[PDB]
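Reviewing the structure listed below.
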Amino acid sequence: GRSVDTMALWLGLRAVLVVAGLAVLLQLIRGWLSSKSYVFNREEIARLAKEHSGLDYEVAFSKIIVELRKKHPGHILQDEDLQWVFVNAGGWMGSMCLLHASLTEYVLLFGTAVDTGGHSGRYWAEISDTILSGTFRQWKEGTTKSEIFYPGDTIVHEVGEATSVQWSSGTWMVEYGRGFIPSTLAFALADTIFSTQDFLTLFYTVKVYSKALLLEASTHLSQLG
Amino acid sequence: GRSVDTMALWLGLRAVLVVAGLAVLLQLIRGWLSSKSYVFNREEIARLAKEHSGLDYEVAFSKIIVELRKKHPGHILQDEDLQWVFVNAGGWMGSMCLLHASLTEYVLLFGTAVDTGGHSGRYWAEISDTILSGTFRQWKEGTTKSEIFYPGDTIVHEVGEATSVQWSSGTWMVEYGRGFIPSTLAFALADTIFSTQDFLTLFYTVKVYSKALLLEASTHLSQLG
Amino acid sequence: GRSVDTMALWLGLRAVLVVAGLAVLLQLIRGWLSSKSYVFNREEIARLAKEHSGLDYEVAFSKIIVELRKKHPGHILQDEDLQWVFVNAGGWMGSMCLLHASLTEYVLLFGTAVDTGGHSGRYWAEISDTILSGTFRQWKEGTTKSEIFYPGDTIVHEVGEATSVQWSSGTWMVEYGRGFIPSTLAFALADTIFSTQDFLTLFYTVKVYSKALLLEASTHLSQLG
Ligand SMILES: CC(=O)[C@H]1CC[C@H]2[C@@H]3CCC4=CC(=O)CC[C@]4(C)[C@H]3CC[C@]12C
Ligand SMILES: CC(=O)[C@H]1CC[C@H]2[C@@H]3CCC4=CC(=O)CC[C@]4(C)[C@H]3CC[C@]12C
Ligand SMILES: CC(=O)[C@H]1CC[C@H]2[C@@H]3CCC4=CC(=O)CC[C@]4(C)[C@H]3CC[C@]12C
């Protein structure tokens with residue numbers, strides 16, 4: 001009767017429980033033992049973006065790209081491969097311009113010209129965003145109150161952390177990610193697969209990721225000979 | 001030619017039509033003949049939340065939990081099992097603290113620290129939300145105009161009804177559901193499966209549901225001996 | 001080691017790349033060689049909606065429907081088949097009333113009573129929306145700035161184009177689509193399948209599409225005898 005249905009539902013819930021739990025455990029295991037080859041550090045990127053946050057965010061874009069090319073030659077994409085690509089993830093819609101991406105790091109420009117917001121994602125990667133323009137509202141897990149950050153501030157999305165994020169129209173930021181980068185792809189592409197059906201955007205995303213990987217491989221080969 | 005393609009599309013549309021129609025019919029059949037064991041009633045919960053809506057919503061949270069424990073001993077989770085868990089569903093993102101959940105009822109605290117909104121869901125369950133803080137905008141099906149509710153009001157999401165819901169930053173409410181509760185899970189988890197990929201949140205959700213079910217089973221066993 | 005993982009990821013990315021690329025190529029091939037039987041034209045619909053944008057959007061709805069019935073008898077649904085149906089797509093939620101739909105064209109009323117926004121979709125179809133009330137913000141691909149349109153304006157979503165769209169509460173518009181209409185269905189239903197689980201709305205959507213197709217077939221049969 002009712003007790004039988006309660007017990008059966010409890011059994012199925014425990015099934016889903018152990019499935020999700022072992023998925024989380026595997027994510028932790030793959031992430032912790034992942035490689036950690038670091039060309040950049042988040043403080044360098046944050047300071048460089050903060051210095052230029054008072055300028056027009058596109059002038060700041062240019063200046064930051066030029067500085068990153070000067071300080072890390074061989075690790076930033078040429079002008080021919082820079083492209084603004086929409087990003088639909090976790091219920092929000094923004095756009096990115098990828099500057100660098102390896103197995104363990106990535107650097108990009110990110111933002112939005114529309115009001116948007118949603119789930120931040122939960123992956124084995126430390127993400128950091130320095131606002132050039134607009135406002136970034138972060139609502140952390142386990143709290144009932146949120147915080148709003150402004151140009152020049154840096155929000156650090158910690159490893160394993162999950163938040164709600166919200167950006168206002170005209171919000172632009174410099175983003176640096178460090179960790180097990182491929183484990184973020186499932187989050188970054190899911191709304192494209194199950195919501196937007198925008199396969200050309202998927203094409204653009206994997207194209208720029210592959211080009212960044214090929215640049216890193218080419219620079220590694222040159223550094224070894 | 002063109003007529004052939006029109007006819008083929010019409011055939012496939014009629015296929016999808018009868019599939020969805022029989023799905024709706026099965027939802028109605030499972031829901032109507034579902035059990036209706038009721039520990040609470042929506043008027044009791046609404047009045048208790050309305051009385052305290054003028055206080056800070058966290059003080060109200062505490063007072064409502066204490067009253068519910070006093071009036072329904074054995075049917076509310078202990079302090080050790082209370083937890084704020086994100087909820088991503090129907091395009092919106094909020095967070096919940098589950099107080100009670102059986103096969104036929106549930107009681108929780110719900111709200112959001114970000115501006116959000118989306119589809120309410122359509123399930124065989126009567127849902128009711130009493131606002132402690134913020135604003136709740138409801139847009140009913142078949143109308144071109146929406147309504148905004150304020151602290152102390154109660155919105156009743158009727159059985160089989162579908163609306164668009166929208167909450168402003170800092171909106172918090174007491175929610176009571178009555179009907180065939182498991183038929184809501186597919187709606188409550190879908191954005192987690194196909195959008196956020198946040199498997200630890202899924203873990204938390206099934207964990208608290210299972211604990212609430214086990215509490216109900218334990219109290220039933222004690223009441224029978 | 002690290003180079004092996006980089007190479008394997010590059011291989012898998014190239015796999016996803018060629019899959020998405022050939023999907024886009026097939027979309028282009030199916031769209032270009034698709035039929036182009038045109039009962040309406042977008043300038044006619046835009047001018048008719050612009051003329052009435054200064055009136056209450058429901059009075060405008062009625063006047064536009066009456067004019068479209070007068071000028072295109074046999075191609076607009078009778079009063080008995082008009083229905084407001086929710087539309088959840090690309091992360092946004094609005095509602096539509098379908099007036100006309102064939103293999104190559106469609107005419108509908110669209111809008112929203114909630115603040116919403118998301119991905120526009122990318123399909124082989126030229127879409128055009130004339131605002132009767134509210135505001136329509138369009139953010140085009142490849143740009144960091146967006147534009148806001150007002151009552152009486154027409155936004156043209158070009159074939160193959162992808163934008164972010166955003167509508168404010170109380171925004172209502174007349175929409176005309178021309179191209180390969182079925183290729184939009186996957187976008188229009190995806191959030192229903194993977195997010196809202198609202199199968200009765202899916203039922204309503206395929207029902208009105210099938211009725212519009214049957215009306216077009218019946219008028220074609222009458223015109224041929
Ligand atoms: C804005 C944001 O949430 C970040 C978090 C993880 C980031 C992704 C990290 C992996 C990645 C590398 C690429 O080369 C393409 C862009 C993507 C897919 C990034 C897009 C922006 C993301 C999704
Ligand atoms: C806020 C909201 O829409 C409500 C409607 C149905 C509710 C769900 C009802 C079933 C359920 C019981 C649980 O024990 C976990 C929370 C959930 C999954 C509830 C989360 C909040 C929901 C999704
Ligand atoms: C508002 C919007 O984006 C438009 C773009 C393509 C449009 C769809 C085009 C195909 C279609 C025809 C129908 O008969 C049902 C409604 C739908 C499913 C339309 C709903 C509104 C859509 C989704």
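Just so we're on the same page: letters track the sequence lines, and every chain starts at 1. Just so it is clear, the values below take in all heavy atoms, side chains as well, and ignore hydrogens, waters and symmetry mates. Whatever order the structure lists ligands and atoms in, that order sets their numbers, starting from 1.
Of alphaxalone, progesterone, ajmaline, tiratricol, the drug at ligand 1 is progesterone. The largest share of close contacts with progesterone (ligand 1) comes from the chain named in the PDB entry as Sigma non-opioid intracellular receptor 1. For progesterone (ligand 1), the other chains with a heavy atom below 4.0 Å are labelled A.
The 4.0 Å heavy-atom shell around progesterone (ligand 1) contains A/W92, A/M96, A/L98, A/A101, A/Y106, A/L108, A/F110, A/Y123, A/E175, A/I181, A/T184, A/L185, A/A188, A/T205, A/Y209. In this structure, no other ligands or ions lie under 4.0 Å from progesterone (ligand 1). The PDB entry identifies the source organism of chain A as Xenopus laevis.
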